[PDB]
Trainee: 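Provided herewith is a single structure, encoded as structure tokens, for subsequent inquiry.
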Amino acid sequence: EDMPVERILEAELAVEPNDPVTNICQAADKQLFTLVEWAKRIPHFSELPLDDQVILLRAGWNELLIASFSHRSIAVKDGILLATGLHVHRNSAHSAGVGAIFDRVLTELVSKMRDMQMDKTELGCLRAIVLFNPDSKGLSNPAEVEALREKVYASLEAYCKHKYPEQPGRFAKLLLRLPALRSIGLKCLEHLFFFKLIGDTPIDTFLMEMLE
Amino acid sequence: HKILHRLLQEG
Amino acid sequence: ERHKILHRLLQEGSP
Amino acid sequence: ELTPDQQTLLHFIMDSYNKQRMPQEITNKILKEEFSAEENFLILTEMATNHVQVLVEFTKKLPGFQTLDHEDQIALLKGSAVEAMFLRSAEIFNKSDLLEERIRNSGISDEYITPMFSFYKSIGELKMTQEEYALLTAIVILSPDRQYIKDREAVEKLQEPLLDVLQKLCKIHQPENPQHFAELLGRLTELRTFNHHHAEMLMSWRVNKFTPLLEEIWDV
Ligand SMILES: O=C(O)c1ccc2nc(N3C[C@H]4CCC[C@@H](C3)[C@@H]4OCc3c(-c4c(Cl)cccc4Cl)noc3C3CC3)sc2c1
Ligand SMILES: CC1=C(/C=C/C(C)=C\C=C/C(C)=C/C(=O)O)C(C)(C)CCC1
């Protein structure tokens, strides 16, 4: 494709690594840096105007980061593996006051990724679809962004027919994680603004920036 | 949004 | 109760 | 091409979908009544109350719906209602100029107006057919990811059948854009922001209480 599926894989492969909420925010900020690096290895993203590049990532970061840690956590049981190396587990999350949402990540993202055994090429493509969000407000050219998303849609549907021909509803199973991810992402931002506002959690510079 | 702009530059 | 009208409407059935 | 069963599943669904009818009496008050914020609000609230009833009726006729746990049926209805109402209102605006203005001048915070109306543009440009609307609305209703659902896997069983049908029917109706199906699922993603922000639109709405059925399905 003009979204070559190997370039999306390479980009995911290019960036492999007391209070759970402090630990999660620290991993988020750490990884926010390498998210920028990931974005620049997706085909055509750097070719966009800088203002749009900023917008897409300011819109996508939270959903982009959650998908990435979620897929990383496939192998852990009733928990999450932060990019820092630390596990967070259901119990720790519930007992630090953020259990409802943590459970949603597990059941709707982490365990669903496990049950369908989605690969890095698939995750990368879902993550790229998220990055190229034509609905993001303030975009200088939404059409060229919808076009890039349509290309990833084509490349992924191609990949899924080649690699998993025995399951013809896989393309759609992949894309139906994205509304869940949007709902989970919005709930996480809503948590994060409230954390910032009351000041119960230290929040590093790059996350602070994204939150303004 | 300084940090992000600074990181997105590479050419 | 909490979902008074929805219960009643879901317990009615075909047309 | 569709299977024998897939074609019967569609006619079932499409018959429940064409039974969606707003009363003449309610649509009668679209030019007749005056043009004030307080008067525009009252109409929408009346329509939205009737819409929930109609939608609830449509929801019950969906394959396997009454086999779900009773309390789950309520979880799907509250979780999905807004998103279904947005789909049905987009079908209205892409087939109207008074309704759009009533919504505009009914005391909604302005923040919510433009995003709402560019969503309707985004939908219109997909050029969806009656059957694509009726399938998307059913797939939104039977979404297993909603809050408070106990038997998730049961809801996933009922939804999956309908995803095969819409994929095939999208390649029948629109073979020139082979990503038209995936673009519909793109609006399933986007409907979730409207769902998420709907509670605060309701509580910021400018008034002089909605109606018990709407108070139930969105909470007070
Ligand atoms: O079948 C038809 O002919 C027909 C014709 C018109 C029509 N208008 C419909 N509406 C108009 C309105 C906009 C779309 C959804 C609701 C139903 C109704 O929602 C009003 C609304 C919304 C809302 C809006 Cl304003 C836009 C989109 C979605 C929603 Cl839920 N939120 O709160 C309210 C009321 C204050 C409680 S259904 C319908 C069917
Ligand atoms: C999900 C988690 C939320 C934090 C979220 C987000 C949006 C981010 C990121 C990052 C990590 C931790 C990435 C990584 O390790 O790769 C908060 C704390 C609001 C609530 C508890 C569940």
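Lettering: A, B, C, ... assigned in the same order as the sequence lines. The PDB entry numbering applies to chain A: residues 228-244, 262-456, in that order. The residue numbers of chain B are those assigned by the PDB entry, with the residues present covering 630-640 sequentially. Heads up, chain C uses the PDB entry numbers, so what you see runs 744-758. Chain D is numbered as in the PDB entry, which gives 244-338, 345-457, 460-471 for the residues shown. First listed ligand is number 1; within each ligand, the first listed atom is number 1.
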Trainee: Please tell me which drug sits at ligand 2.
Mentor: 9-cis-retinoic acid
Trainee: Quick check: main partner chain of 9-cis-retinoic acid by heavy-atom contacts, named as in UniProt?
Mentor: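 Main binding partner here: Retinoic acid receptor RXR-alpha.
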Trainee: If you measure heavy-atom distances to 9-cis-retinoic acid, which other chains fall under 4.0 Å?
Mentor: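 Counting heavy atoms only, the answer is A.
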Trainee: Just curious, which residues make up the binding site of 9-cis-retinoic acid with non-hydrogen atoms under 4.0 Å?
Mentor: A/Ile268, A/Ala271, A/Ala272, A/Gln275, A/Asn306, A/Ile310, A/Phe313, A/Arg316, A/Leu326, A/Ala327, A/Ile345, A/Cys432, A/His435, A/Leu436
Trainee: OK, so UniProt lists some all-trans-retinoate-binding residues in chain A. Which of them have a heavy atom under 4.0 Å from 9-cis-retinoic acid?
Mentor: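 Going by heavy atoms, UniProt's all-trans-retinoate residues within reach: A/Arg316, A/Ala327.
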Trainee: Enumerate residues in chain A that UniProt marks as binding 9-cis-retinoate and that sit less than 4.0 Å from 9-cis-retinoic acid by heavy atoms.
Mentor: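 The UniProt 9-cis-retinoate-binding residues passing the heavy-atom test: A/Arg316, A/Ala327.
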Trainee: I need the source organism for chain A from the PDB entry - what is it?
Mentor: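 For chain A, the PDB records Homo sapiens.
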Trainee: Curious here: most residues of chain A touching 9-cis-retinoic acid, which UniProt domain are they in?
Mentor: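 It's the UniProt domain NR LBD.
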